[PDB]
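Shown here: methotrexate bound to 5-methyltetrahydropteroyltriglutamate--homocysteine methyltransferase.
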Amino acid sequence: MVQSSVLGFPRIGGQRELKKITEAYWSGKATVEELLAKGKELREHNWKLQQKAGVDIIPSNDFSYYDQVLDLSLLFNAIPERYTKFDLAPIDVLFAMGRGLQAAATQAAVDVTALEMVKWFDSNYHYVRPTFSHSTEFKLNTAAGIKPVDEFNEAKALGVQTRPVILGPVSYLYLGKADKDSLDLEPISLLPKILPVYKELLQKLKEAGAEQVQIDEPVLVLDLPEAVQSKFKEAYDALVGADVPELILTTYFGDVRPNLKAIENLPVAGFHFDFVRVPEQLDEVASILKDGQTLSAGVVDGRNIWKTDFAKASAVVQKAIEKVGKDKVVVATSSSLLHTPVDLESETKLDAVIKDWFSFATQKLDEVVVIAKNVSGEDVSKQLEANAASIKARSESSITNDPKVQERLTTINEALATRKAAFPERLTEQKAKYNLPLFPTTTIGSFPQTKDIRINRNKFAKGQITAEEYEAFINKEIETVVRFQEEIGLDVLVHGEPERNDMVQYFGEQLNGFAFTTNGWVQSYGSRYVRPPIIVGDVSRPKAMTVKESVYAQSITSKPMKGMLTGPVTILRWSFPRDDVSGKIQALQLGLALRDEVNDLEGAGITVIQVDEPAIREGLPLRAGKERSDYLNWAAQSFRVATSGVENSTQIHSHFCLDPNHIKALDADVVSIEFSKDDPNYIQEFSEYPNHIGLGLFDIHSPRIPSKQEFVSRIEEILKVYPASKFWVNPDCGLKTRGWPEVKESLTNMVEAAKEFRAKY
Ligand SMILES: CN(Cc1cnc2nc(N)nc(N)c2n1)c1ccc(C(=O)N[C@@H](CCC(=O)O)C(=O)O)cc1
Ligand SMILES: N[C@@H](CCS)C(=O)O
Ligand SMILES: [Zn+2]
């Protein structure tokens, strides 16, 4: 009987219960008792769901109040000393590490900054960086409760035997970093210090009744130095024994084969591999399995929302079985379901035809169960036919296939992805048209939204005000924002984006080929969740998406007004993508759609246009090689397809917040980049690059208003390495999140600073 397995379950709650209780706890509205009770209710509900679905191997320890990686840091005492000085209980040290701590002045006021949040591989999840010192003393924090033991026992008392999930020692160290007081520390060097702590944990788990543990080593999908590769043998020889559970060494998101020698002689009880991302590694990883080791075949996607093709997924599982035996194969999710929304049944608005194409986390439980039944030999012909019916329906739908878009993709060529002239030529035309001063000043697009704008957006959404009346409210807010920038002397203006509530959905809703959810929430970081759009079909742009507000904003000033678009790569990366066509094709369709928009802005007199690509690094393939170099190429091509239809005197800006070669490949006239927190070398990499650059002069995610003189010095430092003729002056990013008084004196200072450089030059 081939078993089914789930690597982890989203913990947020089908009604975002976990957000609501954690935020109430942080705001003082809930007690720690109420927090802990809600966490227990969620874990019970999710274990029972899984048990009811028939899943054999059910996870525990996959729950968290903030981040599972930080949970391990608390558990092993990797807690920087600065957090321990406030008589905080362990849960509150946890939350301090994750989200910072502010305490009144007595001493000057406390503001302890959170530990760094880091992207978890190429997922859209973020973890809290494990942070280590020379003095770090790893040990089990017994008084804090031992989370994996306690949750295991909690499950067992409900009659649900689980498999605890922990991040393994190699990955945990390797993904961490040295704290500021220990900059010469290599985290992996600490392996002999942490191994005993994992061994004690594992002993305690075995003593509690856990017979198997899922031990995640996802760094096996990265390019690993040889000296790191040898550490798996060291680590797992130490851990495996009679006194601990069986270990299933678990990998996801990529290809382990370059590291196969590292895991070919381990004493573990089995492995898990991701055959959704890399089905082609099956043969080779199957080939190294020892006698009795088992193979967990990850065939239900943990990172996207499409209904699994049961035939194709069973076929992958069957190839494994043919190599190693029915007795030694498990059917699994490819990764944790952390990366999927909770339940498709919550959607109130999607048409049944489209819903039929989808499976969210709750549905994926049934999938792994049915697939394991099918390969075990049970008659699930009904479920298979029903599944094959669904698959076939999507394949043929006109929603998926738009022949006009297909025809347009064939038109893509070098000319479509190249400006009419190179930058030096273009610059001559732009100097004639705009005559911008040296050290031109600008901002990134968004400004603080009033309370009245947010109330009116709600009222418009109910028809309580007419479209005409909402437009008037938005234009009034644009006027205010333009008037402000004029009075303080900014040279290239923006409209403040009051009409936009999200950088991707604002465009998706106006594009064909997209579907949206009502409750499709995924954890991004802590209690901050995203509800990604879904790309369902071929993408096109029926009409103007942004032109009206930008033309209004340009109409009330003689200063150049930036139009403002999210780039194709970001819209793709922050959506659930199609799994039937490449990311490349999706990005090029998005590039063509955005080209119509750039073209329409230019035509309407908006001849300065910025394209925001915050998510460019985020799709970077995980290993060096052809995939990675292809991605950088198509990512740049898709941006160039969006932007290369314009006249030479039209000024294209790109905002990033990356490899300088890639930046240069976009051939933007002006770039802005987050830069206020680095190497003076990267700056010199664009010494001889003619196109212009604005390095962010202050942190928009903080609010400590820099003086005029503070700006002058930050600029003098860049000028030592960078010519004055190319330098633009701007903030790090948009100002949507900041308050007006901070915005106003900071901006006023920034301009006053630039003008001093204009006098000197
Ligand atoms: C790191 N980051 C940038 C980010 C990441 N992924 C995205 N994904 C999508 N689809 N759209 C975005 N605008 C987006 N932005 C984030 C992530 C979460 C929140 C956040 O606060 N979410 C709100 C709700 C977000 C919303 O309503 O759109 C919440 O309270 O849970 C903000 C910024
Ligand atoms: N134009 C956007 C960019 C966000 S990356 C803003 O200023 O908010
Ligand atoms: Zn930004």
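Note that the numbering runs from 1 along the sequence shown for the chain. Counting starts at 1 for both ligands and their atoms, following the listed order. Only heavy atoms go into these numbers, but all of them, side chains included; no hydrogens, no water, no symmetry mates.
- For methotrexate, every matching ligand or chain, copies included, can be listed as ligand 1.
- By chain and number, the binding site of methotrexate (heavy atoms under 4.0 Å) reads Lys19, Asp502, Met503, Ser524, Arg528, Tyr529, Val530, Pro532, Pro533, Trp574.
- Of the polar atoms of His126, none of the N or O atoms is found under 3.5 Å from an N or O of methotrexate, judged by distance alone.
- Residue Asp502 has at least one heavy-atom neighbour below 4.0 Å for each of these atoms of methotrexate: 11 (N), 12 (C), 13 (N), 28 (O).
- Intersecting the UniProt L-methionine-binding annotation for chain A with heavy-atom proximity to methotrexate (under 4.0 Å) gives an empty set.
- Taking every heavy atom of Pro533 and a limit of under 4.0 angstrom, the matching atoms of methotrexate come to 10 (N).
- Methotrexate has a nitrogen or oxygen under 3.5 angstrom from a nitrogen or oxygen of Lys19.
- Under a 4.0 Å criterion applied to the non-hydrogen atoms of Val530, methotrexate contributes the atoms 6 (N), 7 (C), 8 (N), 17 (C), 18 (C).
- Under a 4.0 Å criterion applied to the non-hydrogen atoms of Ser524, methotrexate contributes the atoms 17 (C).
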